[PDB]
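Here's the structure we're looking at; comments come further down.
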Amino acid sequence: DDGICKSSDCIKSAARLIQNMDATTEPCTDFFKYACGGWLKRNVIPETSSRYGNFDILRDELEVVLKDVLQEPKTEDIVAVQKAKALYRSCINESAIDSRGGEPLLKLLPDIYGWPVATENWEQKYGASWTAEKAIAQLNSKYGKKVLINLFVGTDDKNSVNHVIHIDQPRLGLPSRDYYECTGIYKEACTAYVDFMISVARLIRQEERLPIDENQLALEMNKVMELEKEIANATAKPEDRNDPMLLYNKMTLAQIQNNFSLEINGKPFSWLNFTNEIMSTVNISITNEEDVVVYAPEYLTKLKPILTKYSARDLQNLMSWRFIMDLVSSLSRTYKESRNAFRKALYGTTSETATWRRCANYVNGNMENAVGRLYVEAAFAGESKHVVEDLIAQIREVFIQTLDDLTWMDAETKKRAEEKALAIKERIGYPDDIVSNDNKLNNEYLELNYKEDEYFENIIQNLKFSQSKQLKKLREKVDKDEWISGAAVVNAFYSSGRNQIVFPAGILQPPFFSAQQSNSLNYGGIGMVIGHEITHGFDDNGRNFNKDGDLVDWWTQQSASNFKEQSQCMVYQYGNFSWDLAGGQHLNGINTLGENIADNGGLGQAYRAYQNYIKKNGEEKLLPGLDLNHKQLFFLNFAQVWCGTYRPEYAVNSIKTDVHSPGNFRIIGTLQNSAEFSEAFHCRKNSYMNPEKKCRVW
Ligand SMILES: O=C(N[C@H]1CCS[C@H]2CCC[C@@H](C(=O)O)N2C1=O)[C@@H](S)Cc1ccccc1
Ligand SMILES: *[C@@H]1O[C@H](CO)[C@@H](O)[C@H](O)[C@H]1NC(C)=O
Ligand SMILES: *[C@@H]1O[C@H](CO)[C@@H](O)[C@H](O)[C@H]1NC(C)=O
Ligand SMILES: *[C@@H]1O[C@H](CO)[C@@H](O)[C@H](O)[C@H]1NC(C)=O
Ligand SMILES: *[C@@H]1O[C@H](CO)[C@@H](O)[C@H](O)[C@H]1NC(C)=O
Ligand SMILES: [Zn+2]
């Protein structure tokens, strides 16, 4: 007995670890290169990917399973499954889609008050009866597209069992407000955006047999850009939306009318009319004392002088465009190709992913429980669920025990933190009844009826369905049994309004987890993920919500002040990271703070749980071909979760839009703060990976 594990499962783990690492790099100088340098040398980002790495590879591999389970009818399939497969088949039939051209979009445009640039005599046909209230509400209520003013039904932050109407600033056509500077690194994207507008307007006019005036098209679409630039500059930055206590402003609709008046197309904007135009689609009446949560009061105030300068036509040119730009990829090849330069500018990709991949993901996104059922029956093992349950119990207890060691909280706040940690609701794998209750699964989709030659009608039906569902919830209680993710997902989640952590079946696989892989690897993989999600209940957002999901302050003044002091260290740390792929720009340490807190706390929680495991059960057998002990393998597996790279165009995008740090800096930043990492690899003091100053929250 040489002490070495020689099982097939140890062999597969060892081979993967060996192939990804670059042992010629000193781990204490750059652990990203040490852990991932072999992967980087062997791989090139595919033409269809904006990012590539071990996470993206797992998602690509999950898509293969979805293809296998969606593409073949089975006699015993229940109606829910038949519908998912029919939807899939409608999506992959490009011949049927191509033969329809843009006709499905042409049929639809009268229902959204047209697109003026592709309409003759727009003012007479649609301007005559146009109102901002009706035009915005139509896009919202029927198609789920929120333009200018984002009104939605969501959970009440301060009463987690109830729903309430929210009003917020809208999303933009470009990835973030920064893009609307339209200079330097943003210039290509802005140019491509307007060219994309022009190209689609041109295609529609061609198919409608209208004359093309290239100068007129450019005049109108550049006016769309000038309008959206003003909208973008009026929106609040993410850094100014990160305190949920300050974001929550509840007031009546009468208050909203008194305090946020708008004059659009020369008409006073009626908030009550706007709200009822939306809620009437689900037979719900609204009066002026309805409570509303306004997340963006400053934005509405800034919108007043903006919208007085624009006509109904100018607004509808932007409003319909924001919907159309989403639809062209559901039309014929000619319409699909109009997006090529825009896609390359935002993502760097030169080709769309395989049709069957896009379609598998589309069906999974819209029928998550039907596809989840098919996925787990094909790919998810039995006892896995129970093993992960036990790992969650260990890490939950480690979090609670660590509270005693934390010197920056008083006893009262620690007790409240333990209360919340004990109340976190765990969801593992999949909801049992997507497999065991056919009636319930069929009835979830009963109102959907797909036609296999009508992909466009199918996706439009799905837009209407999911928006009707959302709006109808206004007077209903929150369903505590609902899962915040489908099972066929390679991710994990935390919900502060439900105080719920979820680990879908899709993430319960190597490198994160296998009942047959070494425990060092499981703790460094899924163990860290579990701690990450629990720690989200206590990050700069989650800490503001109590055990029942309510936005209520349970912190003493001193402990809250200390939380900000401790977390400020990480704001500065990650904000000092320069990203070469993003042109040398610095990460946003405020926007990534929550995820960085979760990374740093979660890895430590997982490590301490692994130490307790060894205390109780003894050391594991070593892996063959690796001169690394199991403490070292714990950190190596953590790091290899994040092996990957980015296209420069997408790095410019993600550094502004991603609330996570890039994988390489999740590795460097977290391990820089870990004394245990530097103990395991015997890093000299003030080596790059072992700075004397270390940040710590949880
Ligand atoms: O870090 C997370 N999840 C990531 C998963 C990698 S990709 C990343 C970048 C793009 C935006 C976003 C997306 O997947 O859409 N995203 C995520 O959610 C947390 S919450 C869950 C998790 C934590 C640690 C290991 C594995 C999972
Ligand atoms: C694709 O759609 C066309 C037109 O409806 C139909 O004739 C053809 O059989 C479909 N192909 C498949 C593989 O279902
Ligand atoms: C952007 O918005 C701010 C705040 O309303 C304003 O002061 C500034 O002039 C705006 N910039 C442009 C270019 O409109
Ligand atoms: C909203 O106002 C319009 C007139 O601009 C009116 O035709 C419509 O019936 C109103 N809708 C509701 C729900 O009151
Ligand atoms: C970098 O770190 C220093 C030291 O804490 C801090 O003062 C500075 O603001 C940080 N810079 C960024 C961009 O985060
Ligand atoms: Zn996270």
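Here the PDB entry sets the residue numbers for chain A, with the shown residues being 52-749 in order. In listed order, ligands and their atoms are each counted from 1.
At ligand 1, the drug present is omapatrilat. Against omapatrilat (ligand 1), the chain with more heavy-atom contacts than any other is given by UniProt as Neprilysin.
Neighbours of omapatrilat (ligand 1) among the ligands and ions, at a cut-off of 4.0 Å: ligand 6 (zinc ion).
The nearest heavy-atom contact from the protein to atom 19 (C) of omapatrilat (ligand 1) is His583 NE2, 3.3 Å.
The shortest N/O to N/O separation between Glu584 and omapatrilat (ligand 1) does not fall below 3.5 Å. Proximity to omapatrilat (ligand 1) (heavy atom under 4.0 Å) is shown by these UniProt peptide-binding residues of chain A: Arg102.
In this comparison of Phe544, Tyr545, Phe106, the heavy atom closest to atom 5 (C) of omapatrilat (ligand 1) sits on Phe106. Residues of chain A contacting omapatrilat (ligand 1) are concentrated in UniProt domain Peptidase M13.
As for UniProt Zn(2+)-binding residues in chain A, a heavy atom under 4.0 Å from omapatrilat (ligand 1) is present in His583, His587, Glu646. Relative to atom 1 (O) of omapatrilat (ligand 1), the option among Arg102, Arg717, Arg110, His587 with the closest non-hydrogen atom is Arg717. Polar contact check, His711 against omapatrilat (ligand 1): a nitrogen or oxygen pair lies under 3.5 Å apart. The PDB entry lists the organism for chain A as Homo sapiens. For a threshold of 3.5 Å applied to N or O pairs, the pair formed by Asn542 and omapatrilat (ligand 1) contains at least one separation below that value. For atom 9 (C) of omapatrilat (ligand 1), the nearest non-hydrogen atom of the protein is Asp709 OD2, 3.3 Å.
Within the 4.0 Å heavy-atom shell around omapatrilat (ligand 1) one finds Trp693. The UniProt active-site residue of chain A nearest to omapatrilat (ligand 1) (heavy atoms, to 1 Å) is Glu584, 3 Å. For omapatrilat (ligand 1), the residues with any heavy atom closer than 4.0 Å are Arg102, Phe106, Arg110, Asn542, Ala543, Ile558, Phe563, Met579, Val580, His583, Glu584, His587, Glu646, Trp693, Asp709, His711, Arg717.
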